[PDB]
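Quick notes on the structure that follows.
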Amino acid sequence: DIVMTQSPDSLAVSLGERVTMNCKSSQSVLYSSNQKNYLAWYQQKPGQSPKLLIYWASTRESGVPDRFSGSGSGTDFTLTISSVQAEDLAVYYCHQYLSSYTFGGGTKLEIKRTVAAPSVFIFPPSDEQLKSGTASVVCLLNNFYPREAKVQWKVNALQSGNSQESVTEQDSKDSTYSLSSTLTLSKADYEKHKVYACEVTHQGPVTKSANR
Amino acid sequence: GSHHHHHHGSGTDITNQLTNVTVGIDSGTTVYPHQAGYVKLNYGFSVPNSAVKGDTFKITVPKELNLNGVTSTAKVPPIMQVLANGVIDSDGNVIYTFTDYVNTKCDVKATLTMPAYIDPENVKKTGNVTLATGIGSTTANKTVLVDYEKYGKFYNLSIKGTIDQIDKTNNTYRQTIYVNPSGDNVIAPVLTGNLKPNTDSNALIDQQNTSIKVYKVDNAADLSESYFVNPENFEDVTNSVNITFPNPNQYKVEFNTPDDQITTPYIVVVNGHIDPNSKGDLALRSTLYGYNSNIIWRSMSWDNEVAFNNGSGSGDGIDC
Amino acid sequence: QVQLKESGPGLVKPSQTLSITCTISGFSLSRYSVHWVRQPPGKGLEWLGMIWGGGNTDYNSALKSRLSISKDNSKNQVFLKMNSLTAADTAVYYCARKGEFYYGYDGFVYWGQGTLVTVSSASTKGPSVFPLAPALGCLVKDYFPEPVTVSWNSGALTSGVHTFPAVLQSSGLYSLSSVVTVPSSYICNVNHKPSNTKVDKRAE
């Protein structure tokens, strides 16, 4: 199995600048006899099928803009965007077709902006819900950048497992993210404690706590 | 021990002093090189007490034959304590150099048998061939039919293949495949190269180990029946076909023409490797898939296996 | 124009067989190979296998035991079958086809829009809607399947609205949080088509 690995998982771009993405193969994809590199690059937007941009490493697919080019040979390859546009915000995957078919893990483009701290909120379990005998504590980080954020719950006792989080897509007019973390305990367990905490570290260490 | 590096020195060619000389060629009335057919070259001779270390004799072998066959390098057998070691010269002749055994032995006599094979470059066509081998003034002739027979064919799908240059030290082999030698029209032609099913085979077939060249034959008459191919006679279209390695130890070639059909033969030359960590069995299957005019999907496949032979040589004598 | 469209079930239980259909136009199926490729939510792509024009198939080695691909040229249909399913087989399934000869290889140029298959044992259930009290939010918990649609004040509180991607709980049910930033003196409008549910909780 030829394994395809892409180096930067996420990439922050300035609309207009030169973005390069790396892709690497665990064995050479240049077949020596025909001197061809069996490598393709694909673009994908969130609800759509992938779109071929580049094949044979450097052959631009018809219809694709001239700002996209591909280079490399053997085991190291690069997808370039000469100057990034609004529509270029997407995921990019490389792919080899010499030895069956395999894909890389991809590189997401996001818009770069200045650092911005989350405003942190906590919300205890509602009384209505407690009637269902199940307790959800919700911690919210609103409008922050970059995405990398460590949320940790204290119940002064670290909670390993028992939480789930999701993050919004970057805001189209702010370039900012949003995160909601849900800690779920049983009723018995929630009623046996007071002073729960949502501690949140970021690059912009604040704890937002409530007492039962 | 390499056949590309020879050593000489003191000694004299005592070929014409060989006494009681007899030569023979053991074969059927027909030889089928592509069915592992071969001949045996037989030799017997008395050596003079006069002989000393370094004295040589020459066995004359004809250009219609070689001694290596499917392997890339020939090994001539030692006459046996070693009486004589031999070597192949640029003409194809076998020069044997006598050992020390002859420095203190008298009335020495010897026998030799060597497998030999119809050479693909010198016998390109099916037909009769008079084989001549000898030692000094004693030549033996045998006239034999060399029959390379026919390619395989099912509906409009024709294919045959040969294996040679088996090199069990550098772990390589060659395979030469004629695709559509019948001069049929084939639509959507696909060739796959595999290991022969349920047979011990040590070929490693993959992008690192398997170099493939594809030649288009615009004149089928230029094809040898022996499967000797010189790439300079044909058009190299390697870069216009699709060559991939879609499964373990399998290659695939799509001819990929603009109208998705071929009307001429193609030659596929495969230079591949043998698994170093193995006995080095070589059993391959070449499959031609294709549509006819009726668009019924069919395939014809050709299997290649090989055999190996060893010559021998014995000699006696008496202490003086 | 060359076209491909995948149809299948939306939901399939782990006891069952996944059965997808790829309906083809603009070319003859007997003259082109068609591929199957899949993509789990938020992950990369995985080739599953292919059927040649002539009917041969090749499979991804890691799934061949669980996978069968077949077709009917008569009907322009290509079929995918998968048994022994787990949550790991929840994915968007695509069929795809190569470009014309001059591309020089058999790959993925024309794609279908894809069809989501989610493997799940859950039954249809409506969400519980709980208020996240004063930032004001609604906790939409324990529903199946997706999606939930959320509004604020019948669609007038559009600004500052953050309605997050649902998360799949270990129970097999989904939950999501929807939030709005405010200064105070207020109702989230939650719908969920497949259970004929509609809720409207208020804010404290």
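Chain A is the first sequence line, chain B the second, and so forth, proteins listed ahead of strands; every chain is numbered from 1. Values reported hereafter were calculated over all heavy atoms of this structure, with side chains retained and with hydrogens, waters and symmetry mates removed.
The molecule at chains A and C is the drug tefibazumab.
Contact analysis gives the chain with most pairs under 4.5 Å to tefibazumab as the one the PDB entry calls Clumping factor A. Using non-hydrogen atoms closer than 4.5 Å, the residues of chain B in contact with tefibazumab are: B:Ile187, B:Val190, B:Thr192, B:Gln207, B:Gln208, B:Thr210, B:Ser211, B:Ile212, B:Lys213, B:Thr238, B:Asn239, B:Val241, B:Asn242, B:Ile243, B:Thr244, B:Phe245, B:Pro246, B:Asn247, B:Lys252, B:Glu254, B:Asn256, B:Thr257, B:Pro258, B:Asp260, B:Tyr289, B:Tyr291, B:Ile295, B:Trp297. Using non-hydrogen atoms and a cut-off of 4.5 Å, the paratope of tefibazumab toward chain B is given by A:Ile2, A:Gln27, A:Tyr31, A:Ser33, A:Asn34, A:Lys36, A:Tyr38, A:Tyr97, A:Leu98, A:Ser99, A:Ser100, C:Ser30, C:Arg31, C:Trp52, C:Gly53, C:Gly54, C:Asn56, C:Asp58, C:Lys98, C:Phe101, C:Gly104, C:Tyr105, C:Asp106.
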